[PDB]
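Consider the following structure, which contains ritonavir.
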Amino acid sequence: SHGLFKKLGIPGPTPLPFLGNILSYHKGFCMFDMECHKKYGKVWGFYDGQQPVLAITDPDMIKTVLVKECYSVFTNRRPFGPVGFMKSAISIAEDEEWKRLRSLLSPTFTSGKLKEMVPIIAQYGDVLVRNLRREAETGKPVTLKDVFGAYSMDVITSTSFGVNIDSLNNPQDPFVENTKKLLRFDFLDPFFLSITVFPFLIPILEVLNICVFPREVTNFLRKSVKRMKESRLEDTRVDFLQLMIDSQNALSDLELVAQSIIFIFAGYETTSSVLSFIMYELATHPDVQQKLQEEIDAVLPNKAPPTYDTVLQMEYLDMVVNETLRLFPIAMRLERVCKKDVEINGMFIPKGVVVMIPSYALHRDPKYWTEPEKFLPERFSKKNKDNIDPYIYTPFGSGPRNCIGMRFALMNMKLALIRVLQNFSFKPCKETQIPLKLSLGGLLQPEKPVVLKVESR
Ligand SMILES: CC(C)c1nc(CN(C)C(=O)N[C@H](C(=O)N[C@@H](Cc2ccccc2)C[C@H](O)[C@H](Cc2ccccc2)NC(=O)OCc2cncs2)C(C)C)cs1
Ligand code: HEM
């Protein structure tokens, strides 16, 4: 296996027996991707254990695997460990299975359904400002992840299940406590390092009922979803939950739970993380924060409530969101398994190979971005906008397998940002880590929580 890239004429770091190039992930795989792009150029290959991983950076080639040949050859993501029943979760499912889950869940975020959620989200936006104002009162340092996380949990559960768990008023909320423990992918943990280097273990762990997701956490989610499912079949809004309930009358019970777990995690974890990164960038760039507040005041004079339409009018807010996602992409890498031998744009790719798009590296690539390490919202303005390649910058992925919650995530975060900024200003304090350093974990997260001071306007 370790002689594949050598044989095909593809550059790459020399692999070690059994480990492949996995030890290079000691200072984060993003740095590894950066160094490989600089050292080897437009394409290179490395090995995760025995698994060949081909990294591509050419726009047209990226478009070919993410869009053109999605259903035909690059249909699924890389298997990543024992998943138990979560094998049915849409993001983990493959081929035809994934195809039906996709069409089934697709109606969830139509433009019409998104608009209906605005007032629902607003209730939580109001509680968010209230909680933050308390922090502004005491003047104590604020851990963004907690407050923004509770807001995110409340929003995803209400809009998806029509149930208000009121996380914004219950700090030890079991939903957040459990969800934040759902997946702690860490290469320093022997379990995750082992299954990544030796995939043959996966089948064995599945028999043993050993899962990457803690049994205690999934049990909790399973019970929680059942409860909410009941409250709906017993009471006298077509939402995520309804869509799945309707299918049952070919979706099985655990299967419905599997999708629910994906939505809860994405709505809570992924959303609150990006909000934290955005507020960090705003606190360390007062001119950007000041300028953003002015746009909001101009569009919504005297703290007027935001609306679906006015959210879309805010050009700078959108430039700020996009720029933060460029520097801190939750998708540090995008991947597709090559499920059959094929050539694309002049390059041959053997079956079984994992094709990887080093997003984090491409976003900081000194060919497409001047001053790549700088937070400059202007690069996304109408003027410079069209000069950004649609396949170099894909924070939500692209093609048939892209983020199904993209429009909801952008709308929800923007609603939060608006309410918060039309009431407060965030400033860095003593507990604020600057520069901000990312953890080496599998998911996009800073090493120490982002802490900031909130001041009332
Ligand atoms: C060595 C290798 C295995 C590793 N790769 C990475 C980066 N890459 C490329 C990944 O595909 N990492 C994977 C991942 O994020 N997979 C994903 C889609 C994706 C791809 C790239 C960037 C962001 C989202 C999806 C995985 O099926 C998971 C599994 C899961 C279920 C419940 C709670 C947490 C996780 N599904 C979700 O996390 O959906 C949540 C979300 C929805 N939108 C953004 S995240 C895994 C490790 C789970 C980190 S470690
Ligand atoms: C700012 C927040 C978010 C970001 C940055 C984001 C980003 C991504 C990315 C990069 C992928 C991988 C796509 C690919 O491989 O091409 C993904 C997949 C997915 N996301 Fe998100 N996401 C976010 C929020 C959400 C939310 C809130 C939901 C749902 C409510 C959601 C549901 C999904 C699903 C189900 C998938 C898998 C799609 C499939 O396999 O068909 N995401 N997301």
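What you see of chain A is 29-264, 268-280, 289-496, where the numbers are those given in the PDB entry. Numbering of ligands and ligand atoms starts at 1, following listing order.
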task: Enumerate the ligands or chains belonging to ritonavir, duplicates included.
output: ligand 1
message: Hey, which chain has the most contacts with ritonavir here? Just the name UniProt gives it.
response: Cytochrome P450 3A4
message: Judged on heavy-atom distance to atom 29 (C) of ritonavir, which of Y399, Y53, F108 sits nearest?
response: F108
message: Could you identify the single nearest non-hydrogen protein atom to atom 33 (C) of ritonavir and state the distance to 0.1 Å?
response: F304 CG, 3.4 Å
field: Proximal candidate to atom 8 (N) of ritonavir [heavy atom criterion; set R372, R375, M445, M395]
entry: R372
- prompt: Which ritonavir atoms does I369 reach within 4.0 Å, using its non-hydrogen atoms?
  reply: 22 (C), 23 (C), 44 (C)
- request: Say whether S119, considering both its backbone and side-chain N or O atoms, lies within less than 3.5 Å of an N or O atom on ritonavir.
  value: yes
- request: Provide, to 0.1 Å, the distance between atom 15 (O) of ritonavir and the closest protein heavy atom, together with that atom's residue and name.
  value: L482 CD1, 4.9 Å
field: Protein residue, atom and distance nearest to atom 7 (C) of ritonavir, heavy-atom basis
entry: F57 CZ, 4.1 Å
Site of ritonavir: non-hydrogen cut-off 4.0 Å: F57, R105, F108, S119, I120, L210, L211, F213, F215, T224, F241, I301, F304, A305, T309, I369, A370, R372, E374, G481
